[PDB]
Peer 1: 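The structure under discussion is supplied below as structure tokens; questions concerning it will follow.
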Amino acid sequence: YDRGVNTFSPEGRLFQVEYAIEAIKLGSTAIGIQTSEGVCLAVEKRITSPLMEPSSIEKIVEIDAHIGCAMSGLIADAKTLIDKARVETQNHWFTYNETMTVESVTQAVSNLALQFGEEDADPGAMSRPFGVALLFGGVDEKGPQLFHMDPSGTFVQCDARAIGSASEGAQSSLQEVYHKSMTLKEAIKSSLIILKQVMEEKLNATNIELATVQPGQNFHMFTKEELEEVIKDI
Amino acid sequence: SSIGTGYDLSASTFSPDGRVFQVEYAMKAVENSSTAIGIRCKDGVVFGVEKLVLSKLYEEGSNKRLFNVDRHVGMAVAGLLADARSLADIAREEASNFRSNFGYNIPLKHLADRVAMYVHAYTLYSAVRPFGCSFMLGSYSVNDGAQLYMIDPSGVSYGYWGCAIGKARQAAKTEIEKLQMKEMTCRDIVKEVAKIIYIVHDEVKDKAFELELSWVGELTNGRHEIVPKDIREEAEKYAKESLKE
Amino acid sequence: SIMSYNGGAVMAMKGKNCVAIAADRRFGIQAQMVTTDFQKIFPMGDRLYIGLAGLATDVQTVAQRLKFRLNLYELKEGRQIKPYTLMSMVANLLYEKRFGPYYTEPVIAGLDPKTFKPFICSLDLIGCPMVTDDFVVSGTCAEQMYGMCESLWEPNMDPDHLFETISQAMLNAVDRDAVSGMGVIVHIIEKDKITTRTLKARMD
Amino acid sequence: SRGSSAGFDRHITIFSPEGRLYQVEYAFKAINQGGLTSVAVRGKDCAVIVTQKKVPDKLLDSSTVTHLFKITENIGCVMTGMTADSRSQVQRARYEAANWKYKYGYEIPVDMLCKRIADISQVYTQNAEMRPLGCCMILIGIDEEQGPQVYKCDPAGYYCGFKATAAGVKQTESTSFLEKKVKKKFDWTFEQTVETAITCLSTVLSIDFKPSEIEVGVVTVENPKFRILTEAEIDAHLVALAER
Amino acid sequence: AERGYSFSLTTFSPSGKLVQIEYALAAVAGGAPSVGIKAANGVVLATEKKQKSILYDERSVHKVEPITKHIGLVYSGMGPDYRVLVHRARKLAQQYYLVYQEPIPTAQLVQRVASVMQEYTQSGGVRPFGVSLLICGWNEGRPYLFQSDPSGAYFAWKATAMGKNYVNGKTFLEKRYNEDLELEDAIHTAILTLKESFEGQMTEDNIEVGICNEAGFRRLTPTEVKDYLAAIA
Amino acid sequence: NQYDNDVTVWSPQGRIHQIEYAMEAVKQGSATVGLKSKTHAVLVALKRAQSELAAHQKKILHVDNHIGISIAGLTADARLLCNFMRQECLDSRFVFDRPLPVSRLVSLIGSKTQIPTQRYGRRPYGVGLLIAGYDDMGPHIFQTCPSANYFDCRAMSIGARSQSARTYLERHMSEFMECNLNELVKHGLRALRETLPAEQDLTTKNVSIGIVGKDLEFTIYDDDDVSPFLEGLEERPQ
Amino acid sequence: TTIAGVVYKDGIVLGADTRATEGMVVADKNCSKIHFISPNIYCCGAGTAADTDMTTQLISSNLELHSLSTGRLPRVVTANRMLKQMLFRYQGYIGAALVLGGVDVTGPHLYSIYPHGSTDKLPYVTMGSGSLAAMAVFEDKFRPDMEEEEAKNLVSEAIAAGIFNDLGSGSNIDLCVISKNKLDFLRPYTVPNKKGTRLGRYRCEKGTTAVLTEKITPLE
Amino acid sequence: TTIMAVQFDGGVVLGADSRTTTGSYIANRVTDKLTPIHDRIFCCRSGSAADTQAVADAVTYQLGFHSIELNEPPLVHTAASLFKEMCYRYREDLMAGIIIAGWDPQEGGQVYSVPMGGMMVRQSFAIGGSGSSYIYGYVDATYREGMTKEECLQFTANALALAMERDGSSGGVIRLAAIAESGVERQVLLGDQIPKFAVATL
Ligand SMILES: *[C@](O)([C@H](C)CO)[C@H](CC(C)C)NC(=O)[C@H](Cc1ccccc1)NC(=O)[C@H](CC(C)C)NC(=O)[C@H](CCc1ccccc1)NC(=O)CN1CCOCC1
Ligand SMILES: CC(C)C[C@H](NC(=O)[C@H](CCc1ccccc1)NC(=O)CN1CCOCC1)C(=O)N[C@@H](Cc1ccccc1)C(=O)N[C@@H](CC(C)C)[C@@H](O)[C@H](C)CO
């Protein structure tokens, strides 16, 4: 039995969107932590073969010099959203000569939420929701901020948040170790610990990627050596 | 009178016995709505609506089922309210365009014809569904006269002396027939309208209700206006008193 | 004038059971000559030639698009094209650009592929057809060509007298025009054969 | 075959295994839903339309209930079937006529009007997005040389000229009546035509009408303007019938 | 508001059959029979124009239609579809004439109309035509007879039949007819092969005949049909 | 089951199931209350949180200097409708240099939201709205449903367990028209808190307030700015 | 050009010269300016040659379609409407002055149609560069209900006036008589102008033309 | 050209010259400028022949369809309004001066002017065309309220005669039309029928 992509369930929800939420659960788990010293984003790479170059797996990307993004689920869908975000930030800079607040970027991307449909639509318009979940970590005038967005388009600020396959467990483990006054080192440490817990493979310097955005320093992707130096104090 | 094996899922699909069940279903949606009546006297047209109240939290005059389509044309609706409002928009725009093109107030028969054609345009394709409401257009002029028309979801338009639409359509029609509106005046008629509304109303199944009333005639210079609170309370008093016999 | 930018001359003459078509060979820009071997006559099939005078670009372009439509015609239909048919085709093609016309005045000369009946016509830049029984001219030196043709042409000419006539007409008309010349080419076509000659002409 | 079906051939306008269009036939059945019957008869110097006027309510302004429509001053029509669809087709007819006169500078022939309307119906017959109209149109009018003309068009796209026809519920009975009456060869005068029509409808319904139970359209050679008969001048024919 | 169905209503069955076209042909082989005969000096088209009552005016609608001054049409199947195809064919012919200033070759008109019919077996939201066409013409001296079926395919015929009993009519023509015939003879064997399925008194108003010689195409008058239907003349 | 999946399909009972299913989306969100005095219009919204580490969802949005809204349903549709209302208001100010009458804006919302309920492949807006506004007809509380129907209210509550709030408001309607601002916000907060089990109550972390009036443009109080309203309330019963 | 038209007792006479010019030079000495619209309707064309051609052809085609569908003989008002509406839609950019003549079921009808889309129904009309002369002949020697030969004489006289008095007109006179049951498309109705006979022999004998290159190519 | 329309009690009177010129040449010395739009609705054309003809045709079309759709005799004001809409919308592309006049069961005899601007105004009487300039004074000094039908007839006849005498772009014949509930009475004043006036001698 087939139906339209904008059909409502008797419960009052859109089938395709819910199914996209279901699609997220099969993606690599990622954790973002907000801290007055900066925001951190960590994610497992899930390398399926020794032949696969792990440096070509980026689930953490730079939206702008002050904003980075972590993604989980169908990455191919996420690429579009990332580019849209970058373009939005640059347009805003061009127009207003200032940086975008993390919330504004997150909202902008969130506006592409239910922009799908069949009839009464453009030829190039989306046929289905984006099967991906996003964590926007960045530093603006309101300091360090972390946001979460799902295919529903509902975006909300989080102090600490985990998305992906091991979402629930990692979220519990996050609740157990978060107080609104951690240092950034503590946040990174905790992130990597929970990551090591939830990952099926042995956590190493080529198994994941970690990035931080702090009030004094731009978006920084942790190199192999730095990753090792944090994994060191396991 | 009940077939439904795929033949009732579209307006672009006839039934094997030559029926368009989508339209009839929309008509059934009209039937499940509270009754609205309208009657023409020798000097105009009066509208009365049984506006059921779903909550005491709602302000008085909320969800008006009486609309001003043109300064000389009023509209009484029955059924799915949103559709009724959109249709009111269409009627308004039609009247406006007619004025802007021909230079005078649109004759009621023509407005009814146009809007009815627009309604009918929805009973033919699978891309859209028929409107879920029926409505009545009332007007008066000296060169035209007193006129009252009615349109159902199929697109059928007819001229009436008295008419009703909704739950107790027939129950109201039998009460309207008793009147001699061809000789009476819109002043006397209001009371009888309120009366028929109170009679037809079912105080048991349906809860509390508010009564809406509308003038359009020689007593209003041809303008379609709401019935003043005085005359309305007078008619309601007459109705509540006539309910004790 | 736009037509005079490149210059040139094209002529066609009728014979007994033969037909003739000639054109100068100069490709020049206003007053300077660039080439002395510029083709202005194109075969639209066996025993059917067209000759375009005017703006060189539109000469080549009209020729090419005409060959396009012609090929498609002779493919859709299992036959060679009739002269009248080709004429109407050119007329249509030119008139499609009624308000942005190609600057060329085509001249068609050939023999009916079924019969052998000679045929000569000319057209506007917007494609108005004109069929004659004697001669047709188009070019910057049209008045000179008219002058020669009105005095040299005889009715039933054999393939040798026709050659001499059209050759003298072309040569002597062209020699009184500054932007037409640098050689003359003549195609004399008959049922059996086609004879192509380049005349001895002034090159100044 | 012989009643077979496959796919959506009973839902949209596509071919059945035996090469039928079920939706079209269903539309023909939709014509009868009105529960009315119309009769058209062509005379020697006129053309006559007659139709039931079922007004079961005194609450209706009986002047607004009509199945007779003026397409042009010289072209009249009667619609049988679904009311809204009928009015739609009448609007389209009026448009095509007015546009015809605008483009060609002369009044459209009944022949050509009917042909046009039918051609429009054919599209509904061939496209699946829409459904044919549940109505049948009968046009009447005087032609400059061919004289009185009575044409009819179907939801199927069929159109034809007639000496007489009918539409609606008791169509077949009315036709069987009319051909029987035609074979006798009478002097088809005005009154002969009107009487033949009214009596066709009457003896087909067994009612014997009051002058307010039917409506009669008409068009004469001496008076080509489409004329609708008053209750009085209908009652005249009615009392003229109860004498012989 | 309306738009249209953008998907084909005619698709391939697992066996490989375009079912809707075959059903269209089923509609074709169900209408009144029509014969066509090419006869060296002309072409003849004939059809059963049997109405269904005395009330019908047979002198208003015709089954034998002219496309131009030299091309004619008859059909087997559905009337309205045929009418549409006639209008379209006439238009195509006029386009050809406007471009080339020469009357359109019969084969060309046939090919173009065939393309039009082909469209409705692939284009969105439409069914194929329930009509087979017999097209007669006189171009370049020679006479021409063509048939086009709902699939958009077309064939050249010396003689043939369509509609009810088209097989019996085809064998009949295959036997009791051949080349070198004159127009008169062809008309005769055409009304004769039409009589092989005429379940009734075949009058001059029960059938319609059109001829196409090298003097143009035209529809035979009821009088000429009466002369022919006297089993002679 | 065969009349469930398209908004252009009437049920044989004269109903449209997709519309009603869309109506069910309003009840999926956190409850919200709206009430008006004679000088002020007030929205009180119960913000909801996923986990304790996630901030509470915004429920009150600014439309114009004289108009604000409270949402209940799909946040995307809510943002859409909000941007629409904002745009219409801006248009009204650009053209007439006067603020758009609230009732007219609501009418436009009705017209816009009605359209997709009648076209194939389209869907109703999965969001309910409470609109608080002030114009020269006074304060106004309006309610808009996915069915494109709208209501002019004295008081209203929509969403999860909003029945309690409704029941509360229906008793204090008579009091509402004469209350000062603080008493009005009080009543709103009590109505809102009625939609909660006794194990939980209102907090500065999960309550938002929107206020518009004759002396005040539409303002949103979220955290520490809510305390002056909460502090001054009964202890509630069990 | 110099086209004219007249209405007599039994029908209509149309006239036209045959000179076509480009610049101040005669390009065509024999050009047919009387065009077929329908078997009962003809139309003379003056102005931009290609425009008159394509316009008259197009309207002829549309009328053929029209009569094909209607089964009747085309009316003149129809051709007039089509022509004037098309021409008006192009706001005079189609240089086509026309004389439309034909016999209907309503009788003989003669229109003049100017390239801007305006028409005049008159018993006699003239168009072209030589229209003033022809119109002078008409205004001088026209009477209602003329006989066929009389009207032919009048029209040919008018066209002649155009031919000799206007530098834009020249050569032959073409007539077209249209009655309720006849169509006389008299081509060279009169050849009042003749080229003088050659007084010499400028024939070039085979060999007088020097040749640089030759190439024979056999066909089939 | 020179058109005119005067309103009496039970209807209107229309008048026009018959000269149509291109340059200084008279392309038609016998034009029919009074064009029927409906049974009792006429219009007087001035300006571009093509423009006025096209617009008149279009308005006849529209008004015909409109009157059929309403099943009532069309208001003169409605015809004037269609003309007004067309002439105003395409004012930069049309050269048209129109006088729409006729009878109507609701308002009786009516005369409306639609000058080149595209505006519309009802008048007791209206004049237009190139010749109208020469008769403004006469028409001002001669008009009297309550004129009979025949008085209006003679009035327009005289005015048009004077204008035609003075204006070179006007002349030929005088066309008159009388419109009332009765119908349309058209007539033509030619030669000696056209009113003459004493020309100065010594
Ligand atoms: C009227 O107004 C009075 C008599 C005063 O003018 C009359 C009556 C009308 C209702 C017929 N109007 C005219 O006589 C009228 C004047 C006019 C000129 C130009 C534009 C608009 C109005 N004459 C015509 O309209 C006439 C129609 C037929 C040819 C009879 N055509 C023209 O006047 C030509 C207009 C076309 C045009 C030219 C240039 C740019 C755009 C459009 N004018 C010409 O000069 C035509 N032509 C070329 C030059 O040599 C003579 C022939
Ligand atoms: C030589 C014949 C085959 C055709 C001749 N063609 C031509 O003269 C065409 C005109 C093409 C054109 C383009 C844009 C806009 C308008 C016209 N000219 C060319 O083909 C080549 N040139 C290009 C540059 O040098 C000058 C001409 C022609 O049309 N002659 C007209 C006169 C004319 C009027 C306006 C513009 C151009 C020409 C004619 O004969 N008209 C007669 C009527 C007939 C042909 C129906 C008459 O009117 C009588 C003879 C008086 O001329």
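Below, read A as the first sequence line, B as the second, and so on, with proteins coming before strands; counting in each chain starts at 1. A restricted portion of the entry is shown here, and the contact count covers that portion and nothing more. Read the numbers this way: they start at 1 and go in the same order the structure lists the ligands and their atoms. Side-chain atoms are counted along with the backbone in the values below, which use heavy atoms only and exclude waters and symmetry mates.
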Peer 1: Which chain accounts for the largest share of heavy-atom contacts with ligand 2, under its name in UniProt?
Peer 2: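 Its main partner is Proteasome subunit beta type-7.
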Peer 1: Looking at ligand 2, what drug do you see?
Peer 2: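 It is the drug carfilzomib (bound form).
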Peer 1: Which chain letters come up when looking for other chains with a heavy atom under 4.0 Å from carfilzomib (bound form, ligand 2)?
Peer 2: C, G
Peer 1: What are the neighbouring residues of carfilzomib (bound form, ligand 2) within 4.0 Å, counting only heavy atoms?
Peer 2: C/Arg98, C/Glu105, C/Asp124, C/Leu125, C/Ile126, C/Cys128, G/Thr1, G/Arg19, G/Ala20, G/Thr21, G/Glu22, G/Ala27, G/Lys33, G/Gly45, G/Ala46, G/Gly47, G/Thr48, G/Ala49, G/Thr52, G/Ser129, G/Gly168
Peer 1: What are the identity and the minimum heavy-atom distance (to 1 Å) of the UniProt active-site residue of chain G closest to carfilzomib (bound form, ligand 2)?
Peer 2: G/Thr1, 2 Å
Peer 1: What molecule name appears for chain C in the entry?
Peer 2: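 The PDB entry says Proteasome subunit beta type-3.
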Peer 1: Per the deposit, which organism was chain G derived from?
Peer 2: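 According to the deposit, it's Homo sapiens.
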Peer 1: Looking at carfilzomib (bound form, ligand 2), are any other ligands or ions under 4.0 Å away?
Peer 2: none
